[PDB]
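Structure (with isoniazid).
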Protein chains: 2
Amino acid sequence: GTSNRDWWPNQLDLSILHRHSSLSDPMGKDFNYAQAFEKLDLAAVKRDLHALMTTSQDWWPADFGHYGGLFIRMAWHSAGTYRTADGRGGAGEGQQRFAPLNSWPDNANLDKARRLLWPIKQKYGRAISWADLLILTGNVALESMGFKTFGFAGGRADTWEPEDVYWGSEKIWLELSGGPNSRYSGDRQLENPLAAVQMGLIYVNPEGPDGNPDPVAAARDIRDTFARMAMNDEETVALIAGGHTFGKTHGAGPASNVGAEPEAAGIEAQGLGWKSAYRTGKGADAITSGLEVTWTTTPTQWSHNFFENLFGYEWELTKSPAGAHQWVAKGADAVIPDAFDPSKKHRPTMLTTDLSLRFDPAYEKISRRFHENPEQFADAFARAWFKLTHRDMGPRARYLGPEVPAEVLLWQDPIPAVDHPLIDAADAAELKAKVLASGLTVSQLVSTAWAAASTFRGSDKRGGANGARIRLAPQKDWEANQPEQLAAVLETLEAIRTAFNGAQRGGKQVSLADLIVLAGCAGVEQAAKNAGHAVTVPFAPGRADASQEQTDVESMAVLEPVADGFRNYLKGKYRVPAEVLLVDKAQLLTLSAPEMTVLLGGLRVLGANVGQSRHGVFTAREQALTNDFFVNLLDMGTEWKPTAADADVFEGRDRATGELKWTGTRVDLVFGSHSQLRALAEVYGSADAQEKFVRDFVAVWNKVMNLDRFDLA
Amino acid sequence: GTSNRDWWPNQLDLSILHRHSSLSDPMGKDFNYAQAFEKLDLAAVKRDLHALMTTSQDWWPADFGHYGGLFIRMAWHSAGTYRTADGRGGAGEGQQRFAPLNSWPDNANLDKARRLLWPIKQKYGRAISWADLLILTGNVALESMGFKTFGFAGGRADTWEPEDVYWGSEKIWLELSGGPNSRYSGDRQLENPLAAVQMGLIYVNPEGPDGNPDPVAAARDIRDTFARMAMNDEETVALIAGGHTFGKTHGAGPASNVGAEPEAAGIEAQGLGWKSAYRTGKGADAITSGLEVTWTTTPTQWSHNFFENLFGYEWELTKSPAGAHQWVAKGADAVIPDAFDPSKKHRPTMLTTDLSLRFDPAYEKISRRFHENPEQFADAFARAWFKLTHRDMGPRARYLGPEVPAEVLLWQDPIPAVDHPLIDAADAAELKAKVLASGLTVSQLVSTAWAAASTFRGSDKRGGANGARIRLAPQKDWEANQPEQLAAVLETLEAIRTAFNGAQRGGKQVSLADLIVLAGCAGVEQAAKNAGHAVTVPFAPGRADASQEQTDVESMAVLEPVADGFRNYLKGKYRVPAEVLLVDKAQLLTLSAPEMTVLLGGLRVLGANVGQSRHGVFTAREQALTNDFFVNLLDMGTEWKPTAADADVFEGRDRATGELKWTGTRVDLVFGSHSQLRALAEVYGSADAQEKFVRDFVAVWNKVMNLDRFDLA
Ligand code: HEM
Ligand code: HEM
Ligand SMILES: Nc1ncnc2c1ncn2[C@@H]1O[C@H](COP(=O)(O)O)[C@@H](O)[C@H]1O
Ligand SMILES: NNC(=O)c1ccncc1
Ligand SMILES: [Cl-]
Ligand SMILES: [Cl-]
Ligand code: NA
Ligand code: NA
């Protein structure tokens, strides 16, 4: 059956904004996962998971009699898809159980791991999500094997269909670099937003870069991909050495024995995949990666043996029984136990990527310090495992249950507790009147509040106006935020705040974070008034102001908007067309297509464009909230053409006279071109739609202002 | 960006069940189109459209100074996608404005027609849908040119995204038959459910079959395609001769002048397409189909000149300026006016497909009668145009506004008016107890009510339990409906009804249509009771009983279910896997994936399978409403394999002992295989889900029972 995607393979895809509707969701529209989880007996679930660790099933027998290593890898993989570039991937939505991640080659046989968990999932039902269960099971695996975790938070609601994520353009699984859809260019630069070296891998290739077994070169890839998953050198060495303290790899025979991945298998496989014709197909005969490495002398117990082996032998290149490159300890005794046969032992072995930890010079120093000071290794690994597995969960307000660590960590972008009375409605009116009397313009108020609130992304729940981080480095210096204008607005707001706060009794004060948002609301009210409409814009107080020391400047850099269609901003020229980047941003903002449409049309006429550009400002009453953008965009009296200077800018001329009326970008004009977007524009550009436009705009404005307000959830 | 569809191109596509969410809809959740339309001043809209017919725009100048022919073609195309096989296509959702239909080659330059209508759409806003406006504009075109229409009904609500429709497998627009994706096999058999001869055409090729200009052969294709659009010979001739009484074709120069269709054009084209480099690109230079035919001497007025010309001249094969085959009248005077130059005239011309009306022997008789009796022609055309343009609107209860014809037409599957008091809640309880006391079983009651209600399809809103047509030909003899069992159930219900009705005062009585549904509800209540649960199943009375004489038997044939996954029924072996046919059915029933899932699992254990098959009956308490289907399906203690006898049937055996536990079909097992479906099955198979399963089952059961109840909208 030929589809629209076949006929117009580069048209824009709006379905990404309309996933996750109530239609695909089996839970009622009233289901609240946080409330269900709060009633879960978490201790009881952890007792069942402890029991599961050594209850081997015949259909996938446990190595060493203990599933701990398998489950740690399962949890690591659930979390390990994460990219800091867009916040997409991670454990937070339980996406490992859906295509494509359920069938990635690096997730081979994790289908068996997930299936082992079905009895517990069934027992507890909706009170524990798959997403939480995958992570909890990793924690319990670690605890069972002697390792004390830093903590655990529930609250990851399950999702019910695959996310739309750009995982790369390759059409072959695991394609090596340099092909027609290469993710690499230049001096082995990985394209943003990607965070893995090959399609279907988590981070790097365990044999080495593109299969070449050079541990020094592999270190380069490790460092780059882990950085792109928010991990520095110390965390990276702690995580790899930590994880590879446990368990083993599986490569007992040639890879050609392994059949179809889950999404390709027959219906009788009942959701499992990679069935193997090699001997029994499982247990001692298991094939997963094709490598055959067991790192420690006690694979089911926490030890300091990883670094003892790493530094204690010299390593020789060799091949697994599937033909894969791996390393064996020169002249070692057979000290490693076998997984099934008590009468066999093996020499210590390593992956190329394990040797990276010793032969990259910066890693080597960390690895040595961890070898000499295992307490530091244990602490770093615990902190890094917590980070890895919670990275995409958002503000601390979302953390549920009795095991949440009390220590606040820098990576969480923390927000101080509010310890004073909040402003009430009378105080809000007083502050909005002051803001309006100060001489700040609609355009300045709207642009500042948009700049503050629209850093939010729902993918990892980072960003938003809470914290007033727009006043700190680096947000205050981002080109999209118009630094000089921003500084003048913030200075006027700060004086207003200082004056209000100094006049108070009883400890009441207003944060700058709240006042920025409140001032934006006043701007929207004033604009509606300018258009002859009487509008109150909703406002919820309670934001607090974070300090510069609570704001990691490097980590913040990935939230910089290099494309923001809502302010008609593009930081440079990109391979991806700007309207694709607009839809991408709308998706991160959690907007539907109707919301994106109304929001953008309104921002254009309120003066939210960067640099005061006239592009898309299709009104003669700027700073008045009207549907002018739509009515003028859809006017057939105007003809549009790309400019001579720039193919991405368009001139709109009176069809009869030739006179120039407007200019716009691809982002402006896509609303009059794409057939679904134009149908939306039509609704708002109709003669009966003025009040609907205003009201819809206020609702989406308020939605954006509140995106990070999990303290009110 | 590689997607799941690229990696697993034959996985099942569930997104088709999740279109039309509230996310994609710009109207609020409470918007009621029927209410808006009822207040539209329809006379005022029609006066604006009348004025439009002769107000030429220079960007697409009106042929002969009148847009009427163009708009008639627009409306005919809007309706002309319709297929009787599945009810899909037609004018009822305004789908012509979305991909792919907006860009079909047969719809070239209808983009210009739709754009002409924007000022009127904008004026009246939400009170008239595009869907309604396309049709209304065709009616007004006809009226403006002297033709009396049979009537008009509003009520087609707009849609906001493309429908997922199988339009064929070809990857090339207009591909000739016999290719690798040929829609033809055998002796020029068109594959179901298709109703056009080539990808991107409405019905047939105007040059003739695969371009061969033989009017006799073309008549074969016309007859076949029009039948597949619910039109018989009389209707077909009336429609083609009717339409081709007006306007002209456009083929003023070579087709290679014509650029990209709308979905492929640049953003500056603002949703228009087919931009032509030939001379001025429009008006006298227009190119659309590539043919250049003007049929009558007054292209802007109703006449009987099409048949006068058809029969009055002999015809010669010729070529348009774009190279297309067409026909010219041998030795005629130049009597046909030019579209732009009052000093030029032309000889009468025809399409190969127009000549079909004269040279096919059965058409020729009808055409002769219409020629001799143009009043008969006018009446047939008006009836056929009404039918064409309303065929997918559903029951008469959906027809809005002041121009609805009072005459009830056989094709409407009409339902008589109810002229008596309805049963109340206490009466419903009394009848449910009587049904249960008669000894009809849960399985008989459920099966019968499902058979009656599940003929509904949302694509053309035909079918459903209203009318009690399950008791008439042909429904009562469909194999899926189990004719002998059905007859025994209907007999018992009829006696119950006759007794209840004869005991009444005051004219109160119950229809057999209501009682079939009510009896099904009793069946579901009893089943819930068998499981130890007390529920009340909702029931709305007001169905009426249609007669055999009000039931066109041939038209009803397309509603026969040849695949019904919900009763594990397949009438023969098909190309398409049964699980794809299940999803197809659920989409016709308007079900989401969660609704399909709950509904099927519940029907399995209530005994709704055809022939009492045990396939998928994963319970030891048949006729009790439990979630046993899911708990047993997901039990990893059971292993499944295809049978030796049949690859489409599977045995489930105890994994440890090999003991046979169950059998199932692909439809049963897909819920344990497909990763999104199995995630739904898990919800219902969890230990906390019994109450939820019952509640959700009852809700979806009730939804199905009410699908055709537009009398209560
Ligand atoms: C450079 C990064 C890494 C690479 C290239 C890598 C590679 C691998 C490979 C190839 C396997 C064997 C899969 C199989 O054949 O069954 C494996 C196993 C494992 N890895 Fe990693 N790994 C990496 C980082 C991590 C991290 C961050 C963790 C956890 C904190 C981890 C924990 C594990 C565990 C527990 C196993 C054993 C699985 C079992 O016992 O079944 N690894 N790793
Ligand atoms: C075998 C069936 C049919 C064939 C092959 C067919 C073919 C065509 C073609 C090729 C054109 C010219 C497109 C162009 O170059 O602009 C056309 C025009 C037209 N057709 Fe049809 N037609 C059929 C049936 C119908 C029916 C059922 C109607 C309406 C009741 C209709 C009404 C018209 C009208 C009004 C025009 C003129 C458009 C204008 O003035 O711009 N046709 N037809
Ligand atoms: N552009 C490249 N392509 C492939 N391998 C590279 C590239 N650049 C560096 N390497 C490998 O990474 C190692 C570490 O180099 P560097 O990361 O430049 O200090 C080198 O010695 C190479 O083996
Ligand atoms: N692909 N996933 C996201 O982009 C996302 C997920 C949840 N809320 C917002 C965005
Ligand atoms: Cl994601
Ligand atoms: Cl459709
Ligand atoms: Na994420
Ligand atoms: Na339809």
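The alphabet sets the chain names here, A first, running in the order the sequence lines are given. The PDB entry numbering applies to chain A: residues 36-748, in that order. Numbering, chain B: per the PDB entry, residues 36-748 in sequence. Computed from heavy atoms alone, side chains included, the values below leave out hydrogens, waters and symmetry copies. Remember, it's 1-based here, ligands and their atoms both numbered in the order they're listed.
Tracing isoniazid through the model gives ligand 4.
In this structure the chain with most contacts to isoniazid (ligand 4) is the one the PDB entry names Catalase-peroxidase. Counting only non-hydrogen atoms, chains lying under 4.0 Å from isoniazid (ligand 4): A. The PDB records the source of chain A as Burkholderia pseudomallei (strain 1710b). Ranking protein heavy atoms by distance to atom 4 (O) of isoniazid (ligand 4), first place goes to A:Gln622 NE2, 2.0 Å. For A:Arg123, a nitrogen or oxygen atom sits less than 3.5 Å from a nitrogen or oxygen atom of isoniazid (ligand 4), counting backbone and side chain alike.
In summary, the atoms of isoniazid (ligand 4) found under 4.0 Å from a heavy atom of A:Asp199, numbered by their order in the structure, are 1 (N).
Residue A:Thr625 has at least one heavy-atom neighbour below 4.0 Å for each of these atoms of isoniazid (ligand 4): 8 (N), 9 (C).
Less than 4.0 Å from isoniazid (ligand 4) sit the following other ligands and ions: ligand 5 (chloride ion).
Taking every heavy atom of A:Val200 and a limit of under 4.0 angstrom, the matching atoms of isoniazid (ligand 4) come to 1 (N).
When each atom of isoniazid (ligand 4) is checked for a heavy atom of A:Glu128 under 4.0 Å away, the hits are 6 (C), 7 (C).
When A:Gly124, A:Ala621, A:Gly122, A:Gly493 are checked for heavy-atom proximity to atom 8 (N) of isoniazid (ligand 4), A:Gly493 turns out nearest. Binding site of isoniazid (ligand 4) at 4.0 Å, heavy atoms: A:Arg123, A:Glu128, A:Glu198, A:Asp199, A:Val200, A:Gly493, A:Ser494, A:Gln622, A:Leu623, A:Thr625.
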I'd like the atom pairs linking isoniazid (ligand 4) to the protein - N or O on both sides, separation under 3.5 Å - with distances to 0.1 Å.
residue, atom, partner, partner atom, Å
isoniazid (ligand 4), 1 (N), A:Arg123, NE, 3.4
isoniazid (ligand 4), 2 (N), A:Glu198, OE2, 3.2
isoniazid (ligand 4), 4 (O), A:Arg123, NE, 3.0
isoniazid (ligand 4), 4 (O), A:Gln622, OE1, 3.1
isoniazid (ligand 4), 4 (O), A:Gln622, NE2, 2.0
isoniazid (ligand 4), 8 (N), A:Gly493, O, 3.4

